[PDB]
Each structure stands twice: as structure tokens, then as C-alpha cells.
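Numbers for residues simply follow the sequence, beginning at 1. As the structure lists them, so they are numbered: ligands from 1, and atoms in each ligand from 1. Quick check of the header: X-ray crystallography, 3.3 Å.
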Amino acid sequence: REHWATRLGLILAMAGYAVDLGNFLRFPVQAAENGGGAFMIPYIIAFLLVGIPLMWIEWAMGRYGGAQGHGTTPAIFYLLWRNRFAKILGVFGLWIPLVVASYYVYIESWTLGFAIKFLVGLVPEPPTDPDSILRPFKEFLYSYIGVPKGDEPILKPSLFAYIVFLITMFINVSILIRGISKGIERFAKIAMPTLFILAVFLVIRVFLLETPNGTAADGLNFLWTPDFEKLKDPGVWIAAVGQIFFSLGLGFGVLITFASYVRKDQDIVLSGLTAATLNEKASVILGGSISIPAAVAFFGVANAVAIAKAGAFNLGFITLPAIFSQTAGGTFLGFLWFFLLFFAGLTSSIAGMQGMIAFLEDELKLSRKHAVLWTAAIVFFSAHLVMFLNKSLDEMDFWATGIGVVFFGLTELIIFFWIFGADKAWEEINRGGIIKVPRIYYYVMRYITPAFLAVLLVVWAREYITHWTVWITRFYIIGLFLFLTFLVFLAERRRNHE
Ligand SMILES: CNCC[C@@H](Oc1ccc(C(F)(F)F)cc1)c1ccccc1
Ligand code: NA
Ligand code: NA
């Protein structure tokens, strides 16, 4: 079995997974709409009661299973719980990253595509007034995606967008086909420093922005000025808990797959706590200093509410390009911005397609070459539903990431800490650890964390409870689960023979 080469590489690869576009775009928006700086109170709390406990568990399960040649949840859940339902629930943690890859890599191609368009200068050049600056970029993005102009729910992506998507896929394969150490780790050692420099360079440049409508100080001011009256809202505490899940990448079965390449007695407690910290630092320091400020610096603090309500997607794909087109040398600023985003996602995409690669290698005994190409083949095919069927993306994202990861997360708790036994589990987390987990976390992991998850579930289960074309997507994603259930079946039939 393959292994991480260096402790640093492990943490960077982990951190490379956790730091995606969400750090720079989703996190700033959520904070501004939920009390600004006061949002740090439920966020930090959820980071201690939910994020940190759940991270150590997936790290534990991964390493536990990885010692026995199994990096995937179908196998691992059968080890923690010798049962048929365990292998079935384990399917989800092979299903979720595979559904996300069906659109994530695609969105990742956009950044690459835009970064190419920005570098060569193939960007709109307005013209005055905000709608007169945004619209040329609104139409610029829609032509790329192929956003439906008619009543038909049909996308028509440009030939360029598609070609970049092929390239993007090819880029992902190029890294993944070299393995864990010489591929993901070696790239994590390059991308993460590259990421940091690009972030810092923008943070510096954003702070130097000065328009008649305001400055970057006004942006950091609005974003961080605490509104404690919103802490009364349970929805904020739900958005916080949901965000920690989103930003740490919990419940995707990717931490489990990745930790399974950590050696049996190697530390997971401290190494994990570091990778988790790297992610959070990236968000609060770099992420909330680039997007929101530059948007407020240009449109004024008056539109700071309207900008935050415009969504995290408009901010990164319509707003921020529109602003760079108005700044000195901003064509290159656009290029850096998107080239920052590309690697942020490229370090995440490679990480989650490993789950399917690890499955074919461990359970179906495929070589690394085949396991990669067939995983690429699957992703590439399924992505066509996202590329062409309008709102297919959103539907996939709603199930896989909305409840898929939250449900599978709470499943991970009960299986490892309640079914497998808490004592046996606690030793599995702390074993080989440079530092030991605080004795108080035993109660957090056993009661507080599942309580938070179960009462995030109920809050999700009710209010979060569309055109007929969503069924096409439902049809497909259900079909995937059945397909994976079948491979698990074939996986256990191949083992009884040998
Ligand atoms: C690292 N923090 C999580 C953010 C990111 O996580 C993932 C991103 C991509 C993948 C995939 F590439 F599909 F494997 C798997 C997980 C994600 C989560 C939900 C939707 C889109 C992206
Ligand atoms: Na993150
Ligand atoms: Na990433």
C-alpha cells in the first residue's frame, strides 16, 4: 500500500483539500449575512464542538482501515461494524465525492478557462453605473456556461469551455496517475505555497484599492463589524455549523481515504489539527480580505448588503471580474484571481476522485493506471449532465452536499463511536499522536457532536424539505448509487473466491 512521504506533504495535501473556493467566496458571504464579526462566535464554537471532533474521527477511521488495506467507507464500515447494512451505508461515502466531481471539476474548468481568457486579454471592456459594468461580465459568464436564453432547460457551453474542461480533466489525471506521494503530495508541496503567494499578493493589492465610492478599509470594516443581535437567530447557528462542515470538507469520505495513506502508528491528532488550522487561517485572513473588501471598495459600503445578498457565485464570477476591468492592469489581476481559484479547486478535485481510485485499487484490485482512467471516464461522462442540463448541477449539489455529507457525517459518528465502541475508538484516535486529545473531547464526540448533527438534520429535514427536469438528475444520481452498490457486491464476491 502507498503512503505519504513527509509529514509536511501530508498536511499540505490535507490542507490542499480543505482550502477550495469556499474559503475565498462562500465564507466571506456567510459571515457578512450572519452578524459580520459576531458570526465568529457560533463559527468558532462549531469548530470546536463539531469540526475538530469529526476531523479526528475520519482521520482515525482512515488510518485504521488503511492499515488493513482498505481506504474506502464500504470496506471500512464493514470493519467497524461487521454487517450488510454497514457496507450499504458505506456506499454513500463513495457516492458523494463521485457526485460532486460530476460538477466540481467542471466549475474548476471555468476558473481555468477564465484565467486563460483574462491572461490573453479576451475579456469584456466596459463602458459610469454599476449595471453598466456588471452586465458585460454577466453576459460574458453566461456565454461561457451557455446559460439558457429560452424557456428550455438546456445549456450550450462554448467550444472553448468544453475544451478547457477536457484539459482540466487531463490535468487532474496527470497528477493522480503519479500516485499519492509523487502525485498528490508532490503537487500539494507546490500548489499550497503558490496559493499563499497569490493570496498575499491580492490581499496587498486589494488594500491599495481606492475609488470615489470607498476603500478596502470600508470593506474590512463592514465585514468584521459585529452584529450580536443576529446571534439570537438559530438560522445563524445553523449556517455556522453547516459552514464548518463545508469548509473542513467533512462527510465526503475524502479525509478517510486520505488518512488511510497515513502509516499505522503515525500521528493524526496534531497533523490533523494543523491542516484544519491552515484551512481556517486561509479563510479569515486571506479570504475575507480579498473578495468582500474589493467589492465594497468599488461599489461602496452602501451596496455592501446588496453585494453579499447577490450570492457567493456572482461575487467571484461577475462582480470581481467587473472590478478588475476598472483597475490599473486589472486584466492581469483577473488572471491571478482565477489562477488562485483554479489551484484551490485542483487541490480539492484530485483529493476526492481518489476515493473512487482507492476503491478500485483496494477492493476490485485494479492497477493505479486503470483505476484512474476508469474514474476519469466515469466523472467525464456524468459531467455531461451538468454541462448540458440546466440546474442539474444544483440538484446534484443539493443531495450530495446538502444532506449527503451531513447525514453521512452523523453515520460516521454512530458507527465509529457508538457501534464500534467509544473506548476502542478513542484509543484509535490518540494512538501514535504527538499530542493527546484533551480528555473533555470524549464527551463532545459521543454526545455534543452527534446532538449538533442530529439537530442540524432536523432543521435541514424540515424547511429544506422545481421543474420536472430535476428527475433526470435524480434518475442519474440514484443510478450511480445502484451502480456502486453493484461494484461493492462484485468486490465481496471476488474475495470469497480467493
Ligand atoms: C474542502 N471543503 C469542502 C469544499 C468542497 O469539498 C469537495 C470538493 C470537491 C470534491 C470532489 F472533487 F468532487 F471530489 C469533494 C469535496 C465542496 C463541498 C461542497 C460542494 C462543492 C465543493
Ligand atoms: Na475550506
Ligand atoms: Na483545494
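In this structure, the main binding partner of ligand 1, as named in the PDB entry, is Transporter. What sits at ligand 1 is the drug fluoxetine.
Residues contacting fluoxetine (ligand 1) within 4.0 Å (heavy-atom distance) are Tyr17, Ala18, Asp20, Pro97, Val100, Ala101, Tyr103, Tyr104, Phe246, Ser247, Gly249, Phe252, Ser348, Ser349, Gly352, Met353, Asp397, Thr401.
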